[PDB]
Trainee: 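This structure shows avibactam (bound form) in complex with Beta-lactamase.
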Amino acid sequence: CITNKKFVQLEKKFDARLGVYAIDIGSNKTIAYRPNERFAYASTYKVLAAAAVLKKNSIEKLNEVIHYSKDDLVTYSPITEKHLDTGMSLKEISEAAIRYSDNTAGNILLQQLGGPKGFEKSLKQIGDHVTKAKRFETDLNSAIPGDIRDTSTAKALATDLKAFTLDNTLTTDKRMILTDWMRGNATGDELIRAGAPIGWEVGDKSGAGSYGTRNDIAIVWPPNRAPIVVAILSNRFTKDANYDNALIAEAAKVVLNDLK
Ligand SMILES: *C(=O)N1C[C@H](NOS(=O)(=O)O)CC[C@H]1C(N)=O
């Protein structure tokens, strides 16, 4: 009950709705708050779409150069906008999507999987019947009340990230490529990483959307311990609401101190 009380008070403090699911791989202990309620996933899909692309493609296909036109570029494409001339491989596109949250990279990953519905199919293959994927960037970030397009739950996202990174669903080389892309990125510095003790390495994928949507999903490696998977999703109640990263950092501290 005590952990539940902290999450209730975070919702009051930040005027927000909060979804939490975390699993300690060593003890199987879990922490859950609104774990089955839907939130817009925003940019967090990019790590799952990248993992699905790695799973389904040979190293040869993943290194082939893709060319895209200036007309495929959507807003917030800091990496892909530089490479109209050289093109990028699916490996490079995956890294751009995960490290920098590049939206055109996200779109190319969704396209490689057969569009949003093909990405959803890839998730059903790993047992996720919850996530609903319908739109491309940047429309997928609208986070409209009552809309289930481009939504998932904290439990489903955490379970998906665990499936790709810790359940031995990718070969060692692809798995380590994926988790390295998740480590050390500025987009994650104020989120789960800000709630993790120093020395507990965090690999994450952040997200942000309308209605104050602010998300982070992560693997955490505590010293001398098995990993922890953590998904923390949040939104607010008016279209223009500004999120506060501290909500995610403070929720992550609750999770990581209690699974300690
Ligand atoms: C992902 O949610 N997005 C991509 C980009 N980076 O934000 S993130 O670091 O929180 O992922 C801008 C916000 C959002 C988007 N598509 O608008």
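Since chain A takes its numbers from the PDB entry, the residues it shows come out as 47-306. When a ligand or atom number is given, it counts from 1 through the structure's own listing order. Below, all heavy atoms of this structure are taken into account, side chains as well, without hydrogens, waters or symmetry copies.
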Trainee: Which one holds for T90 and avibactam (bound form, ligand 1): side chain close, backbone close, both close, or neither close, with close meaning a heavy atom under 4.0 Å?
Mentor: neither
Trainee: What atoms in avibactam (bound form, ligand 1) come closer than 4.0 Å to a heavy atom of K251?
Mentor: 11 (O)
Trainee: What covalent connection, given as residue and atom, links avibactam (bound form, ligand 1) to a chain here?
Mentor: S89 OG
Trainee: May I ask you to check whether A88 has an N/O atom sitting below 3.5 Å from an N/O atom of avibactam (bound form, ligand 1)?
Mentor: no
Trainee: Nearest to atom 9 (O) of avibactam (bound form, ligand 1), what protein heavy atom do you find, and at what distance?
Mentor: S252 OG, 3.0 Å
Trainee: Would you mind listing which atoms of avibactam (bound form, ligand 1) come within a distance below 4.0 Å of any non-hydrogen atom of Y122?
Mentor: 5 (C), 6 (N)
Trainee: Could an N or O of avibactam (bound form, ligand 1) be found under 3.5 Å from any N or O of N187, whether backbone or side chain?
Mentor: yes
Trainee: Report the nearest protein non-hydrogen atom to atom 10 (O) of avibactam (bound form, ligand 1): residue, atom name, distance rounded to 0.1 Å.
Mentor: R260 NH1, 2.7 Å
Trainee: Under 4.0 Å from a heavy atom of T233: which atoms of avibactam (bound form, ligand 1) are those, numbered in the order shown and with their elements?
Mentor: 9 (O)
Trainee: Of all the non-hydrogen atoms in the protein, which one sits nearest to atom 7 (O) of avibactam (bound form, ligand 1), and at what distance?
Mentor: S147 OG, 4.0 Å
Trainee: What residue and heavy atom of the protein are closest to atom 13 (C) of avibactam (bound form, ligand 1), and at what distance?
Mentor: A254 O, 3.8 Å
Trainee: Give the UniProt-annotated substrate-binding residues in chain A that lie under 4.0 Å from avibactam (bound form, ligand 1) by heavy-atom distance.
Mentor: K251, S252, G253
Trainee: Among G152, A232, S89, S123, whose heavy atom sits nearest atom 1 (C) of avibactam (bound form, ligand 1)?
Mentor: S89
Trainee: Does avibactam (bound form, ligand 1) have an atom under 4.0 Å from some heavy atom of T184?
Mentor: no
Trainee: Relative to avibactam (bound form, ligand 1), which UniProt active-site residue of chain A is closest, and what is the heavy-atom distance rounded to 1 Å?
Mentor: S89, 1 Å
Trainee: Which nucleotides or residues of neighbouring chains are within 4.0 Å of avibactam (bound form, ligand 1) (non-hydrogen atoms)?
Mentor: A88, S89, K92, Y122, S147, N149, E183, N187, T233, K251, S252, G253, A254, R260
